[PDB]
Amino acid sequence: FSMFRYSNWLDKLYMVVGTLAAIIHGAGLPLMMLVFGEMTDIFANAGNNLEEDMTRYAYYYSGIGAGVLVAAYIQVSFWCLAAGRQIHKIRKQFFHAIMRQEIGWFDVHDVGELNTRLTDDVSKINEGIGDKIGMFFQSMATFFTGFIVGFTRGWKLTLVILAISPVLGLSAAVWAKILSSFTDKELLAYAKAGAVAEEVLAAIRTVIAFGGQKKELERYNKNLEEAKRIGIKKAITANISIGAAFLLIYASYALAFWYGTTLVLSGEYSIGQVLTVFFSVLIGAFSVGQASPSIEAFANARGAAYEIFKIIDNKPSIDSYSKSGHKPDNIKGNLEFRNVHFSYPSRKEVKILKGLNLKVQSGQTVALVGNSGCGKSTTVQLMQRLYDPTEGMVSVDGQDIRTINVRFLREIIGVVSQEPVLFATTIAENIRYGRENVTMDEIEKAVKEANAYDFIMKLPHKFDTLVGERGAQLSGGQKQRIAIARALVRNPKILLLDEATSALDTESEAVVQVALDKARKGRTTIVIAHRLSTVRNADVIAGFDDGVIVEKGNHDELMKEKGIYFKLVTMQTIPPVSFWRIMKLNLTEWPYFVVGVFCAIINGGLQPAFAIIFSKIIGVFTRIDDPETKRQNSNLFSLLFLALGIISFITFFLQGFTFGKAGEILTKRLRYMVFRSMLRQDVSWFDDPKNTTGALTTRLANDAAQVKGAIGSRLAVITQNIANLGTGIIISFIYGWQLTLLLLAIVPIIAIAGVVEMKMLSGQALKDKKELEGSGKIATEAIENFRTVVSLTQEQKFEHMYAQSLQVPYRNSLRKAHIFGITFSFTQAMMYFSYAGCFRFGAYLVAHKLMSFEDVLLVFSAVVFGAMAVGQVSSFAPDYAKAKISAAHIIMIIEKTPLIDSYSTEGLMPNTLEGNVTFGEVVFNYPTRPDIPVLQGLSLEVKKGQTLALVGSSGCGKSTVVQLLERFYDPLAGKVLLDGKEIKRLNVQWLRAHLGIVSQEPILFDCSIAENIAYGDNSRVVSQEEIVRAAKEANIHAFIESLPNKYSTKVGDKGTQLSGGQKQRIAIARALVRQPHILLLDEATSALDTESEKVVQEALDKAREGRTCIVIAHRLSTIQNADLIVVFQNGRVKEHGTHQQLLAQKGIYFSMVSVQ
Ligand SMILES: COc1ccc(CCN(C)CCC[C@](C#N)(c2ccc(OC)c(OC)c2)C(C)C)cc1OC
Ligand SMILES: Nc1ncnc2c1ncn2[C@@H]1O[C@H](COP(=O)(O)OP(=O)(O)OP(=O)(O)O)[C@@H](O)[C@H]1O
Ligand SMILES: Nc1ncnc2c1ncn2[C@@H]1O[C@H](COP(=O)(O)OP(=O)(O)OP(=O)(O)O)[C@@H](O)[C@H]1O
Ligand SMILES: [Mg+2]
Ligand SMILES: [Mg+2]
């Protein structure tokens, strides 16, 4: 698919113009470098009126700069405009094709997947075809023209440098590869801690219940230590990579200078040729290096566009836009289904359509009946030509549906949905979606007919009341009535309705049926319902039989047939922070920083040195003296580069280690704190949806690289850049003030250029995303509702709406492209103009003997290359912004304290528990929904060694009394006391330990069963004999013994490797491990291996002595086996007493007992 662009041949011309502009820019840059070589050559010749020659050279520079400006502007602007046009056209085509797809197609592919496809794949195509291609062409042109210039102006020096450059390229690529490998290794290493934390957090309730936080913390600490080791290895790898790159480039500089000095000293081509060839070839090498991102982006776009086109290329089986069918004018009611054989393509194996015979005459209110899953609604669905008949015949008025206008057919048949979908627009908007030619008079008549006026009239702008998100504005009965009105507005020839009002309420069903069946003489009707009333009104009713109709007759005929109809009838009855505070790594890295900065400063001083040293290697030739001594002097500088490069390397190496450790240590310590901080938190905190277990895990994981960068990387980059630029500026001022001042006041233009470019890129991205979302609202609202859309045959109208929503931001995109192109062209031409002005001024000074030409080169190179290196390093280190906000979030979380400090040693800790509990007036309001109280201040009490049972209502806090008993919260109002001990005053540790809570679905860590059982008895060692005794008590010791490896078996995740009953028994045994004085069990019986469940319940009862057990269950006999029972009614204790007294009374307990 090398040619994946297919739109607007004129756009092809625009793209070719952009390509030519890219070639021009690429050729231009080394052309500027060659002109620099010539200027240097003339400057050196002047070592003996020069100003004129300098002015001529400056004129050449200005011409090339203007050419560069125009060429870069053309490149970026033309490519971006072409991309905008291409993306607009392809997005329109893609949405239209999606609308064209078949119902089966949309069913097969996930709707969310396709919506995300539209949202993201097109944008990725744009990004990979927008401008990066222009950059690729420009880089290729720069490489080729650099080589051409090097060859033209030199043969030997060019050859040596071209033979050297691949070494540097290979070294850089190899270092990148090893860095990526180390990245993968570090990810895999930390995955262990990640899994540990995920398991712990997923079991936060049980984790806090068993007080095993310490063990999990220790394991996480060990994993974190391993991950820190690997991360430090990665950091040293990356830093040594950068150092090796610096060493290679400086070695290239040194060898180039040595060879060039050898040549020029030999009377060969002058120094200017050396400078031009060296710089041009080096720039070519770096550009061919920079080429890669464009290729990567284009490959990603290749893949995405391949998928998109494959979606587009698929010609559908049914083409709603195709008008190759016959469109009769007068439609006479006559429906024929003959041996309709077919199935759901989703699972073609089944055959729901097992052939069907049915003939309906005109003006018949036919109806279908049958058991759920008999395909009664599938017949109607096929009636709309939503699917195709695998083997059979379907026709209306004696003509095959396939041989008729698909769009016309679908618009000549009206349908009603059991759960109608309504377009998220005004009531008038919804009616228009139903049909635009309503004239608003028949619309009002239909609105009146459907009996939907109260909801419409009450709402603001009665006839134009909008529908909120997902139809929350109107009522379900209102929604059904609106749907019926919309269907009727089309005045179809065949109505197909299912569950008119059989979803939630029947009150509006009477009016709905009255209005629907009222006007059906000229509109044949198919009705699917689930109530006897709707069945009775049927005129001709057909019963379904395995996708076949056996019973066919009226109500009386069906009743006399004694079919399934009669069977049913009888059965029918972002806080901020301070950089000073954030530097917590002081406690750790204080011995580290002093090293790194010292190294970093040296590196900051390394680059400016290269300037002055380089300057001297030029100055040595500019001097008229030029004796043989220079041959020695050149060496004195040449080898320096080599040594200099080593220095450049060496510091980084050291800098890698120290800082690599400094950050790495933090990654450990911070984690070891934050996770702990998370554990020392109340259950309510986790209850917040924001603190989602997965989200908390990710934050615990995806923050090391953020905080490390914010603390260390930011400081290192700031010190390095500051040292480098300050050294350069100060040295320049020492050796020059005029050119120094001009350059210092000119560089900020470049700084503004770069900053504005980045800011414009970010802002344009955000704005484009915003407008794209504005259009995607319409797109998704017209994709998630695809079935009802095709039923409405309004696809074209939604296509026009999306076309408008895209035309709105298309112009904005084009204008943004133009603006970005102009800004980029200015940024690129600024450097050329600055070189022109700086060298013109340098001549204007040296001619007046104000500054040595060597001094001019010194100042220029120092300042400009310092700016370049500073920008590069700044763009190298991790971003401060995201790192800063991540540090803020983690600081907020770690510093945040709980309302109940489980680690607080103070608290009433009586030696022994009395087994007395009294919960009175305890009002429970969950922090998730504090406006929805769950406990109504119920009243209850249990004595020592007393077994109580609950009769709470569904989702009324029946089990919450254990939850509150678990101390996972605090009583909002009222009181709960244990053995006359203040629950608030009771130490959280002691209370949590002394209670044997049993959860409704007790989770277990995926480790050895021995550890899982042992972990319950925290704060002490539980001998294997105690574990065996507990397992026998829970009736699990025998099962474990039969299991190979006994208690050492690696229990599968969530206990999957073991039977659910086995897992519950293991959890009960663990609970019994702590020999709890007061215990709680919640829905532990269910059915649960009814024999095994009964055995477990019997064992628990046998071990109920010497402990008070609070039991919540759905088994009648277990509740009766309790010592006492407490009823619940909206959080109110209706009654409390024994089984006999409770049953005798008229209380809900008797009815519940009679239920089973
Ligand atoms: C990266 O793109 C460019 C590269 C070079 C140039 C101009 C001429 N260069 C020979 C000097 C600048 C590049 C420079 C060197 N040498 C350099 C850049 C990046 C580096 O990190 C990989 C580096 O150290 C290895 C050195 C100097 C900053 C010290 C302009 C550029 O902008 C287009
Ligand atoms: N996308 C689907 N792919 C496969 N089977 C499906 C799909 N949607 C529904 N089904 C099932 O296929 C059968 C089609 O039944 P259909 O609804 O058309 O008729 P019905 O007699 O009114 O039954 P029901 O209303 O209980 O589904 C049902 O068993 C339904 O659950
Ligand atoms: N952390 C929480 N935040 C908000 N609501 C909660 C929370 N935990 C439970 N609930 C709600 O409290 C009720 C659960 O209480 P409880 O389990 O004691 O009653 P239940 O009758 O045994 O429950 P179920 O009918 O679910 O088996 C449900 O409404 C549940 O939505
Ligand atoms: Mg159905
Ligand atoms: Mg419950």
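Position 1 is the first residue of the sequence; numbering continues from there. The deposited model was determined using electron microscopy, 4.0 Å. As the structure lists them, so they are numbered: ligands from 1, and atoms in each ligand from 1.
Of afatinib, runcaciguat, dexverapamil, ricolinostat, astemizole, the drug at ligand 1 is dexverapamil. Contact analysis gives the chain with most pairs under 4.5 Å to dexverapamil as the one UniProt calls ATP-dependent translocase ABCB1.
The UniProt-annotated transmembrane segments of chain A (first at the N terminus) that reach under 4.0 Å from dexverapamil with a heavy atom are 5, 6, 12. The entry gives the source of chain A as Homo sapiens.
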